[PDB]
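Here's Bromodomain-containing protein 2 with mivebresib bound to it.
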Amino acid sequence: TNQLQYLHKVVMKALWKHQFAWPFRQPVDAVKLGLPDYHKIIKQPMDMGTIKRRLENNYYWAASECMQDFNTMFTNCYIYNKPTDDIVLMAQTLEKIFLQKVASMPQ
Amino acid sequence: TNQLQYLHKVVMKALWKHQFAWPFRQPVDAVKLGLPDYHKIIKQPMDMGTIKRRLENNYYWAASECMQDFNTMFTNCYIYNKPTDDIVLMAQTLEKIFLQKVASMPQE
Ligand SMILES: CCS(=O)(=O)Nc1ccc(Oc2ccc(F)cc2F)c(-c2cn(C)c(=O)c3[nH]ccc23)c1
Ligand SMILES: CCS(=O)(=O)Nc1ccc(Oc2ccc(F)cc2F)c(-c2cn(C)c(=O)c3[nH]ccc23)c1
């Protein structure tokens, strides 16, 4: 539907290109980053890559579904990371833009 | 606006009465909770009590403004607390509702 298309073509597109998007565009690599607790704390990993793919394979049945995955991705980052780490700020920024654009979503 | 009238009447009506709302209805009280570092970590405390009041006094110029306060209240909670605290789960459960509701907000 129109909403999933807006989330694809408008919202995801804007976040994807953002100067802070690079760490979010594929799943967290726990080994490559030296985060061996990661999968013990974050039991539902999400990333914009997985979300984009799902938006391409028509995985979602409603907008809120897709919205939830955005939220888990952010929530996850805020839960695992220290408050002082830049990655947290990076998510706050992206998260704010997601909300901004969701207000302008159709229906 | 249409959008803000949706947040007050649909969104906040549903969140304010939820069995998990209670820790969120008024500002985090660092003294009462024995959290001396709370204000050192969270710089923009937010709560539904504040948001409801703002909805009631038409403080917000646009819908998205309100949404960011709801966001900050949640983000605050996730950043301050331990991953395993119940308070997180409670925030998580309100936030799902918030987001589900926000998907059905009009557009003007
Ligand atoms: C495709 C992602 S990747 O995994 O393949 N690469 C990758 C690269 C850098 C990353 O973060 C950094 C950011 C800014 C710096 F200055 C240094 C960093 F290391 C993260 C990262 C992501 N996320 C969600 C976190 O929560 C998190 N916590 C700790 C690291 C991370 C992931
Ligand atoms: C109404 C504001 S209040 O401050 O006056 N009362 C109050 C009472 C209980 C609370 O949490 C609990 C919930 C359920 C339990 F079983 C035990 C708890 F402690 C919190 C609370 C809120 N928030 C946002 C937090 O981030 C947080 N972190 C640590 C506590 C909290 C605030």
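Sequence lines map to chains A, B, C, ... one by one, in the order shown. We number chain A the way the PDB entry does; in order, the residues shown are 76-182. Throughout, chain B uses the PDB entry numbering, with the displayed residues spanning 76-183 in order. Values below: every heavy atom of this structure, side chains too, minus hydrogens, waters and symmetry copies. When a ligand or atom number is given, it counts from 1 through the structure's own listing order.
- The chains other than those of the drug that have a heavy atom under 4.0 Å from mivebresib (ligand 2) are B.
- For atom 18 (C) of mivebresib (ligand 2), the nearest protein heavy atom lies 4.0 Å away or farther.
- Of the residues that UniProt lists as binding protein in chain B, those with a heavy atom under 4.0 Å from mivebresib (ligand 2) are: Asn156(B).
- The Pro98(B) neighbourhood of mivebresib (ligand 2) comprises atoms 1 (C), 2 (C), 10 (C), 20 (C), 22 (C), 32 (C), with distances under 4.0 Å to a heavy atom of that residue.
- The part of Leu108(B) lying near mivebresib (ligand 2) is the side chain, judged by heavy-atom distances below 4.0 Å.
- According to the PDB entry, the source organism of chain B is Homo sapiens.
- Residue counts put most contacts of chain B with mivebresib (ligand 2) in the UniProt domain Bromo 1.
- When the heavy-atom distances from atom 21 (C) of mivebresib (ligand 2) to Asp161(B), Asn151(B), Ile162(B), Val163(B) are ranked, the shortest goes to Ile162(B).
- In this structure, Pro102(B) counts as a contact residue of mivebresib (ligand 2), since one of its heavy atoms falls inside 4.0 Å of the ligand.
- Within a 4.0 Å radius of atom 23 (N) of mivebresib (ligand 2), the protein contributes at least one heavy atom.
- Using a 4.0 Å cut-off to heavy atoms of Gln101(B), the atoms of mivebresib (ligand 2) that qualify are 1 (C), 2 (C).
- For mivebresib (ligand 2) and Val103(B), the ligand atoms under 4.0 Å from any heavy atom of the residue are 4 (O), 23 (N), 24 (C).
- Defined by non-hydrogen atoms within 4.0 Å, the binding site of mivebresib (ligand 2) is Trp97(B), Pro98(B), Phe99(B), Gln101(B), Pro102(B), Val103(B), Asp104(B), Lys107(B), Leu108(B), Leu110(B), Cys152(B), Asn156(B), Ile162(B).
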